[PDB]
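Structure showing atazanavir engaged by Protease.
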Number of protein chains: 2
Amino acid sequence: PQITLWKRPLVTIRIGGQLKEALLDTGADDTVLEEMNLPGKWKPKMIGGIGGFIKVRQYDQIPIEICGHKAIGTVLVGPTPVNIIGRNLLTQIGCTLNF
Amino acid sequence: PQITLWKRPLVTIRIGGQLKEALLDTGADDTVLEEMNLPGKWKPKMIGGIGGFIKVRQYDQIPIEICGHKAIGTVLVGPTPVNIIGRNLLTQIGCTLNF
Ligand SMILES: COC(=O)N[C@H](C(=O)N[C@@H](Cc1ccccc1)[C@@H](O)CN(Cc1ccc(-c2ccccn2)cc1)NC(=O)[C@@H](NC(=O)OC)C(C)(C)C)C(C)(C)C
């Protein structure tokens with residue numbers, strides 16, 4: 001589909017078979033989800049945004065669907081105010097910017 | 001153009017006669033540039049992202065040419081880690097997400 005940018009490009013994602021709303025973010029290197037009690041091993045990571053860095057848990061090879069398109073990759077979990085789909089997953093679903 | 005996302009979507013912009021590199025950022029409500037001089041009266045404001053809030057200077061009705069496409073809109077200036085073109089200007093240049 002095509003998504004205009006008049007409002008925040010929020011779309012439905014599925015992780016662990018459950019649904020969330022997330023921002024399709026071309027300014028994000030990584031995918032960062034709001035605190036959730038995801039199972040499995042993880043590694044500590046620090047990621048930086050406009051106001052500084054936060055601590056996240058890095059989970060690898062996690063299946064996700066984004067607007068019905070399947071993807072699999074690294075998902076960071078931490079105290080973000082918004083679920084963010086970053087370029088690591090946007091490439092997998094064939095997402096481009098166009099003007 | 002059509003821009004894929006295996007790299008950061010940086011483009012050349014012209015603003016106040018000067019050339020800069022900036023990130024086409026669908027996850028940004030606002031356009032935020034690194035500390036610089038711009039003509040006109042600015043209003044103090046605060047914006048937040050991951051890592052928290054920063055203080056910026058809000059300049060209104062500022063022309064920027066973004067990858068050959070003209071826009072005139074609100075530009076925030078402050079200690080952002082990267083020059084960011086947000087949705088306020090992406091809409092002006094007719095930018096959309098597609099997959
Ligand atoms: C409603 O608030 C906003 O729209 N906030 C925007 C904002 O922060 N957007 C974030 C997503 C977001 C939205 C709302 C609340 C919280 C977060 C991103 O679209 C843009 N941002 C812009 C940005 C991009 C890079 C960097 C950076 C950090 C350290 C070193 C180099 N670059 C900082 C900010 N990117 C990042 O922060 C990403 N960082 C990143 O990719 O780092 C490599 C994350 C996400 C992976 C953490 C602005 C402050 C830019 C206007």
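Below, read A as the first sequence line, B as the second, and so on, with proteins coming before strands; counting in each chain starts at 1. When a ligand or atom number is given, it counts from 1 through the structure's own listing order.
By chain letter, those with a heavy atom nearer than 4.0 Å to atazanavir (ligand 1) are A, B.
In summary, the atoms of atazanavir (ligand 1) found under 4.0 Å from a heavy atom of B/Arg8, numbered by their order in the structure, are 43 (C). Among B/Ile85, A/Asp25, A/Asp30, B/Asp25, the residue whose heavy atom sits closest to atom 46 (C) of atazanavir (ligand 1) is A/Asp30. In this structure, A/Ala28 has a heavy atom closer than 4.0 Å to atazanavir (ligand 1). Among protein heavy atoms, atom 8 (O) of atazanavir (ligand 1) sits closest to B/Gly49 CA, 3.3 Å. Under the 4.0 angstrom criterion, atom 31 (C) of atazanavir (ligand 1) counts as lacking any protein heavy-atom contact. Protein heavy atoms are found less than 4.0 angstrom from atom 13 (C) of atazanavir (ligand 1).
The PDB entry lists the organism for chain B as Hiv-1 m:b_arv2/sf2. Shown in contact with B/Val82 at under 4.0 Å from a heavy atom are these atoms of atazanavir (ligand 1), numbered in order with element: 23 (C), 24 (C), 25 (C). In this structure, the protein non-hydrogen atom closest to atom 17 (C) of atazanavir (ligand 1) is B/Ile50 N, 3.6 Å. In terms of protein heavy-atom proximity, atom 27 (C) of atazanavir (ligand 1) is nearest to B/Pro81 CB, 3.8 Å. Listed by number with element, the atoms of atazanavir (ligand 1) under 4.0 Å from a non-hydrogen atom of B/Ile84 are 22 (C), 50 (C).
The distance from atazanavir (ligand 1) to the heavy atoms of A/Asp29 drops below 4.0 Å at these ligand atoms: 41 (O), 43 (C).
Across the listed options B/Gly27, A/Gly27, A/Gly48, A/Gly48 owns the non-hydrogen atom lying nearest to atom 47 (C) of atazanavir (ligand 1). Near atazanavir (ligand 1), within 4.0 Å on a heavy-atom basis, the structure shows A/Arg8, A/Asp25, A/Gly27, A/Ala28, A/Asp29, A/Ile47, A/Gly48, A/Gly49, A/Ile50, A/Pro81, A/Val82, A/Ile84, B/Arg8, B/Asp25, B/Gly27, B/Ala28, B/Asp29, B/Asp30, B/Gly48, B/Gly49, B/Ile50, B/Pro81, B/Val82, B/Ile84.
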